[PDB]
A.B. asks: 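Pulling up ragaglitazar bound to peroxisome proliferator activated receptor gamma for a closer look.
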Amino acid sequence: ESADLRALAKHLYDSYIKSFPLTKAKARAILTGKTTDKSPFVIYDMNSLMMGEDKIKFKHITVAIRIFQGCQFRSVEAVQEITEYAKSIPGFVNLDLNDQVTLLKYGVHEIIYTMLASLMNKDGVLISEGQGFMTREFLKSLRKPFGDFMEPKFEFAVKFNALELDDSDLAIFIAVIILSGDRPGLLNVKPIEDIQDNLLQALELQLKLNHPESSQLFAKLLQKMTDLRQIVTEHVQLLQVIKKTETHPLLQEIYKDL
Amino acid sequence: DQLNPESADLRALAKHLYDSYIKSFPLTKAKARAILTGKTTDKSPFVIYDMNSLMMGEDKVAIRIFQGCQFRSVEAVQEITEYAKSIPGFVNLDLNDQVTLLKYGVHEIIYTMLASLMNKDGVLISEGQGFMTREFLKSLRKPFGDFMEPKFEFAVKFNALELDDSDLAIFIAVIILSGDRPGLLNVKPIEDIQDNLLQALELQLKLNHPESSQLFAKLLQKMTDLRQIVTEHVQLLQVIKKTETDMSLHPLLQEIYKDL
Ligand SMILES: CCO[C@@H](Cc1ccc(OCCN2c3ccccc3Oc3ccccc32)cc1)C(=O)O
């Protein structure tokens, strides 16, 4: 039923808004777009960093490393947002808690690199709630171990953004990724898929009404997950090698592995 | 529900791909399910489940079994190749782009075709005449016993979709005409052809499996499993390259494997 799918969308979008501070609109204004009225601190040098870090304020402060530990803080911060969001997806709370937890522990990575793309352009990604901007070439130029961490995220986002999806389209697409269903260790895989399908239908009507002129956008968007999985896979890989570099107590704890 | 000149051309594409499909690959899935379900015994499969069996299966090791899979795939590449030529637009693209799509597409497809030759217990071999068991394979010399396992895992969740050849023919095409492949020169032309193949598929499903809701989405996601599989395969494949040096990989499979 058209209306049903339409309201499921308004609801989810409404949730996307209260769960996520930096919406993609609010982030395009600030980014490559003019708007904003007053741009963010740009970090392109080892010196702009010290200045931005010392002036742009910061939470994760106690080079190539301090940056990594930077993502981590924001990620661990993201995950909390995504999770409070998942809890609004109709019927998510009603699933087996063991399942719910497995859906997050597994889909939280893709919902990040998905939303990261909203804060990206070919030359860099917004930082600190958009109050900053770290150039892309600065990042790829970091110490040997850390110069490939964010590069493949750029390569993806450049493609993902190709679809020019807005918030309301991403709110649904995101739901669809959480109510995955093929995550290892799931107990009652049925109600999950039962909801995803109810999410997938809403994505369709949504992507059809919001991008009528975009041919087979639904198909194209679904195949981007084949790209997210590869990022998250290739990512967790590097994330292993970093342990053959870093090798704390109460911190190493707060950052299990996100 | 209804019709329209729009859908019409697609259907004709659905039928064109299906025809060239049946024409390109000898062993379809239909003939595959026939053999596998011992319900139809107009001609049944010999079974290999241990060395003893394997030994007698020549009446009509872990290495030679390997040079078997290897050989089959060279022929499967050929079949997929010829099938590609028949894909509307493909032979019109830059000769290079063609070589690229065939490059990063042959396996993601060979593992699709492979699922229609499988079932939890085993897989068909030698045109469907034989049937090797998961167990036996999963018990070959230390390294060679991990090759096929991940295939079965996939074939299992894949076949779950319940797709028949007229569906695979379109999806098998949607795979070649990718566009997000490494080393492509002109892309939008490649993208355009596919956005069409996709249109065909989305219809061929909503029509051939009416009751199967969101089969279009469920199936596109399965493409992830294929990359992973190709990944894992190449690395295990990398190992046999250094441990077994007296052994030889096939030039074709060799030239097709040179990137991520
Ligand atoms: C080692 C070769 O790896 C190939 C890929 C590949 C792997 C498995 C395949 O399934 C083949 C199934 N099969 C088979 C399985 C086990 C032993 C022998 C044997 O021979 C035949 C003969 C006819 C049909 C099917 C088979 C295909 C390609 C490659 O990397 O390119």
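Read the sequence lines top to bottom; their chains are A, B, and onward. We're sticking with the PDB entry numbering for chain A, so the shown stretch reads 207-268, 277-461, 466-476, in order. Numbering of chain B is taken from the PDB entry, so the residues present carry the numbers 202-261, 277-476, in order. Basis for what follows: all heavy atoms, side chains included, without hydrogens, waters or symmetry-related copies. One-based numbering, in listed order, for ligands and for the atoms of each.
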A.B. asks: Which other chains show a non-hydrogen atom at a distance under 4.0 Å from ragaglitazar?
C.D. replies: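 The other chains with a heavy atom that near are B.
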A.B. asks: Quick one: what's the source organism for chain B in the PDB entry?
C.D. replies: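 For chain B, the PDB records Homo sapiens.
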A.B. asks: Hey, which UniProt domain of chain B has most of the residues touching ragaglitazar?
C.D. replies: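 Those residues are mainly in the UniProt domain NR LBD.
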